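The next PDB entry has halofuginone among its components.
In this entry the chain letters A, B, ... are assigned according to the order of the sequence lines. Sequence positions for chain A are given in the PDB entry numbering; the residues included correspond to 1016-1090, 1099-1309, 1316-1394, 1398-1462, 1474-1489, 1492-1512, in order. The residues of chain B that appear here are 1015-1311, 1316-1463, 1474-1512 by the PDB entry count, in order. When a ligand or atom number is given, it counts from 1 through the structure's own listing order. Quick check of the header: X-ray crystallography, 2.0 Å. Computed from heavy atoms alone, side chains included, the values below leave out hydrogens, waters and symmetry copies.
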Amino acid sequence: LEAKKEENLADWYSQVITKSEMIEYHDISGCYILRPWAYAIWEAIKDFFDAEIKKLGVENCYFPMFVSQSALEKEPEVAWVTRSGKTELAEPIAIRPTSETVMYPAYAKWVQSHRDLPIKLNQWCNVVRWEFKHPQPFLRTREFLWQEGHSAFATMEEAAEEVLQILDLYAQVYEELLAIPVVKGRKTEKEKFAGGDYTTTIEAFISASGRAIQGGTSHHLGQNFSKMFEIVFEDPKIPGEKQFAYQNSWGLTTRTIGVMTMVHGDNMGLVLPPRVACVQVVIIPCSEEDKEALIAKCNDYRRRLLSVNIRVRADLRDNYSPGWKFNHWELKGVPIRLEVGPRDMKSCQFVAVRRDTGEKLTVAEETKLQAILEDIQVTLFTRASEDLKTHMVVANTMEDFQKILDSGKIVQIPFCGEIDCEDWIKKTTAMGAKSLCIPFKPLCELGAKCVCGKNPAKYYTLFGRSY
Amino acid sequence: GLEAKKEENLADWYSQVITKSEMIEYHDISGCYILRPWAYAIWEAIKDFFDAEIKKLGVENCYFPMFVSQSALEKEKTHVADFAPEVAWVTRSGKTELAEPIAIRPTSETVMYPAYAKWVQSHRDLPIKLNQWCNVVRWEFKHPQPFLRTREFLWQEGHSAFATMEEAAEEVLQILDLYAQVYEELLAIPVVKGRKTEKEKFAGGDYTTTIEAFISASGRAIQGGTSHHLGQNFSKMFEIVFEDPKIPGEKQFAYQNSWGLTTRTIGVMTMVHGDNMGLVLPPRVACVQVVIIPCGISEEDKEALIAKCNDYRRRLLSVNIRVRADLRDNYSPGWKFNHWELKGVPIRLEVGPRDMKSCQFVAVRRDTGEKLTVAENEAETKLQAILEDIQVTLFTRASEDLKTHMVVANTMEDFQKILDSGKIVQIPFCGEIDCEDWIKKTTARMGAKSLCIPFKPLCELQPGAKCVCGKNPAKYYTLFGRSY
Ligand SMILES: Cc1cc(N2CC[C@@](C#N)(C3CC3)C2=O)cc(NC(=O)Cc2ccccc2)n1
Ligand SMILES: Cc1cc(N2CC[C@@](C#N)(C3CC3)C2=O)cc(NC(=O)Cc2ccccc2)n1
Ligand SMILES: O=C(C[C@H]1NCCC[C@@H]1O)Cn1cnc2cc(Br)c(Cl)cc2c1=O
Ligand SMILES: O=C(C[C@H]1NCCC[C@@H]1O)Cn1cnc2cc(Br)c(Cl)cc2c1=O
Ligand SMILES: [Br-]
Ligand SMILES: [Br-]
Ligand SMILES: [Ca+2]
Ligand SMILES: [Ca+2]
Ligand SMILES: [Ca+2]
Ligand SMILES: [Ca+2]
Ligand SMILES: [Zn+2]
Ligand SMILES: [Zn+2]
Ligand SMILES: [Zn+2]
Ligand SMILES: [Zn+2]
Ligand SMILES: [Zn+2]
């Protein structure tokens, strides 16, 4: 790897994602191939989150990719299919940018009584938003994989409960799987989903860019969509009266992998948190009778490790040098390299090198390796945490806000929350700073006025430059 | 209640069964359907099995883009021209024309193989074995049918490249055998492995292998999955090539395979096993294998009966049986019976107060309807045994059905008679496109298509035997019939 993360972050990022064999470019802008090394991380995320939402009663299903004009405009850079071969469709049809308008008519038909609620459905699928701004692999693409969950309840408080549960699962994905610290909160009036009541969100910070990025989102839709699509049930108490269902929706994408790359990656390449590493430990070999024995010693380690449920690969290819293999698996971010040399074989001991720090370490010919893995995870998280702690500070006045913002940090400011003030904050700080979230647990507690002067502060709000 | 008979109007029965089992919901765009959880969980079971099996072969999962540029789609002879009117084109985003229109993938060769060519710089870069689960689109005007033939559908498509022919040949048959395991072992559906004829194979490939299944309610056959050897056709098209230094001065074009399997599986499961009470789920893929329902419904006694149903639920989960306790006050027990029968749940566990007070329950089989009174303490064992026996039974019945409806015939006379009887036929066949066209055209006065050239035909072909056309010698016994 040539480019340096602190010099030329875009070039560093492209080189990391391709030389780690995560991404390949497609001949259509903003579309990328997810190679197995990237996809396996998505598979790990999927296994965790799918089990967890199943524990909450959510069922998986698959709705059509195509949205009619009427369904879509029953409420915009949607991709329109307008012909098959050379012959025009009777009416153009749209590729889903999200599936509310595909799902909620079906919900309306399935709900007859309050006995039919709640409905909790999730799908793992692809969506398309065909914007013409600059794409970035993983972080912001035209086609992407995600999961979208869509719930409908009889009451408001079970919906609110789910909203917070799903947000906490997203925070778990980032913090426990990817070792990325996030700040939970809710979007401002300006930035919230216009189709919902409130939008909760997890925001992560990428310091090499000094920019924030949304990691996931969980919306309380309230009765907005149920009144739109007539998702109604009869009142269990009052004859002949109908109630509109309360709804949530929530989503999470492969952006995860990009954030994991941006946060933990270094100038040797990818750095994989052991919890999502497709390969946690790579075994590399360093008298011909002796050579055969060495290979057999590696296979011994491999089988043992496989037996202790550690994801492991023995790279015994004859065609490549050990130093080549060292660099290959470092670039890919394998948390531990296990080096087996003849002396050490003879000494019945071995060497383990951790990817995060490079700390080498000799050990006796199972237990240790697992112990190293966990520490690597903790290490990654705590460093990311310190980075966030360094780059997220309080400022009580605009001038202090601006200086700090220009130092490449994100700032919690007292904020009145009006949309006009938020646009003013954007252009005065000019790209300009946007609102990220109103944090659940702000750093310091809030008579204080907004940084606009004209109005009092309603809440500490986190602002920053953002992807 | 279903109130439509499978032996009368098969189409209406199918529609009723897939909707009333809560498998399918209709969409306002023809040929696209909502897969509700009851069916999507069957696809997820198939997925878990096939994923595990291909990983043991060294296949890795990935995800390539859904959009194909016009240049990449039209670049090589990847597919015949007759497919052109069935490609769906995105021509605008919002209100603004795209400079170049882009196509939705009907299959991903034109997206993957330029990448494969970039990735093969030497022998060490082979083999490449990649699979993806994803949706594809084929915008046909022919009458769609849920699960069986739709405009959008879910599938897996595997694409692999090798240094030698032997490796690729081996994988083709391994994957075909995996598809046969999906059908016979998970779905309880017997299939016939074989080779597609010249007319019916994938045109740009060297040969296509296939598994064919029979639907006796319709007298038709349908292809369950496919596994192609491409040889070096696509690698010479896309320049997926390396150099062996021990063979200076010769290119080595990769040998490739591709293979595919869709949600048609579920449709075939519905058509083979479904009866006049609704769906019938093979225990192996049933989302719920056992549903516990309280019957015969004092306040203390009611509390106790519900606790007992939950005891059964706990024990069944603890021995890895997928179980649902239907404890809803809103619906009658006889309605619960009907509802879970429509959905095809293999076993219904009835618990009444008299049975609770004698430590027993009733188990009712979905496939036969047979009722058994079972002692409480044997719940885990008996119920497991019964599930296995349901699986077996379904497969056995279907195989019996296949074996009576597939027979050998040696003349166009016998062939057309047996064909008209609603069966499929293994005939001696010369293999030529003209003569297959002729077989179809004649036997209409729809015509019979070829299904597959079986690896293991019923009867070995006689030497010098001539194909039913009488003009050419038979090259092989070939399974023909009316088809989906
Ligand atoms: C990969 C990815 C992710 C996401 N988004 C959105 C919010 C969200 C979060 N959190 C989803 C709710 C879960 C997320 O991840 C969004 C996107 N593309 C786009 O906006 C389209 C686009 C394309 C090119 C340039 C500019 C914009 N692309
Ligand atoms: C559900 C499903 C399945 C399959 N096919 C194909 C062969 C194969 C097998 N075996 C694939 C290799 C895996 C299969 O299952 C094909 C399809 N639609 C279509 O052709 C498009 C269409 C749309 C409306 C009416 C008629 C035709 N729809
Ligand atoms: O997609 C959403 C709302 C939520 N849906 C379920 C998963 C989580 C997700 O945030 C917001 N959104 C975002 N981008 C969009 C782009 C287009 Br184009 C359209 Cl039509 C609609 C939308 C649109 O509704
Ligand atoms: O899709 C195939 C060949 C194989 N691709 C890999 C997975 C298994 C599959 O059988 C054949 N086929 C089928 N239908 C098609 C429809 C269209 Br539209 C196009 Cl352009 C092309 C095709 C086309 O190539
Ligand atoms: Br969104
Ligand atoms: Br196909
Ligand atoms: Ca055709
Ligand atoms: Ca053009
Ligand atoms: Ca490789
Ligand atoms: Ca030559
Ligand atoms: Zn992998
Ligand atoms: Zn203000
Ligand atoms: Zn289910
Ligand atoms: Zn007793
Ligand atoms: Zn002939």
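For halofuginone, every matching ligand or chain, copies included, can be listed as ligands 3 and 4. Contact analysis gives the chain with most pairs under 4.5 Å to halofuginone (ligand 3) as the one UniProt calls Bifunctional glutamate/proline--tRNA ligase. At a heavy-atom cut-off of 4.0 Å, the other chains in contact with halofuginone (ligand 3) are listed as A. Binding site of halofuginone (ligand 3), heavy atoms within 4.0 Å: A:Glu1100, A:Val1101, A:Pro1120, A:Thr1121, A:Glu1123, A:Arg1152, A:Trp1169, A:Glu1171, A:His1173, A:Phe1216, A:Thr1240, A:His1242, A:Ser1272, A:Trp1273, A:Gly1274. Every atom of halofuginone (ligand 3) is numbered from 1 in the order shown, and the set under 4.0 Å from a heavy atom of A:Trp1273 is 7 (C), 8 (C). Remark: halofuginone (ligand 3) and A:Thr1121 share an N or O pair separated by less than 3.5 Å (distance only, no angle test). Listed by atom number, the atoms of halofuginone (ligand 3) under 4.0 Å from A:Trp1169 heavy atoms are 7 (C). UniProt ATP-binding residues of chain A with a heavy atom under 4.0 Å from halofuginone (ligand 3): A:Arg1152, A:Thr1240.
The contact set between halofuginone (ligand 3) and A:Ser1272, taken as ligand atoms under 4.0 Å from a residue heavy atom, comprises 4 (C), 5 (N), 6 (C).
Residue A:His1242 has at least one N or O atom closer than 3.5 Å to an N or O atom of halofuginone (ligand 3). Close contacts between halofuginone (ligand 3) and A:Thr1240 involve ligand atoms 10 (O) [criterion: under 4.0 Å to a heavy atom]. Contact atoms of halofuginone (ligand 3) toward A:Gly1274: 7 (C), 8 (C) (distance under 4.0 Å to a heavy atom of the residue). Using a 4.0 Å cut-off to heavy atoms of A:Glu1123, the atoms of halofuginone (ligand 3) that qualify are 3 (C), 4 (C), 5 (N), 6 (C). Note: halofuginone (ligand 3), no covalent bond to a chain.
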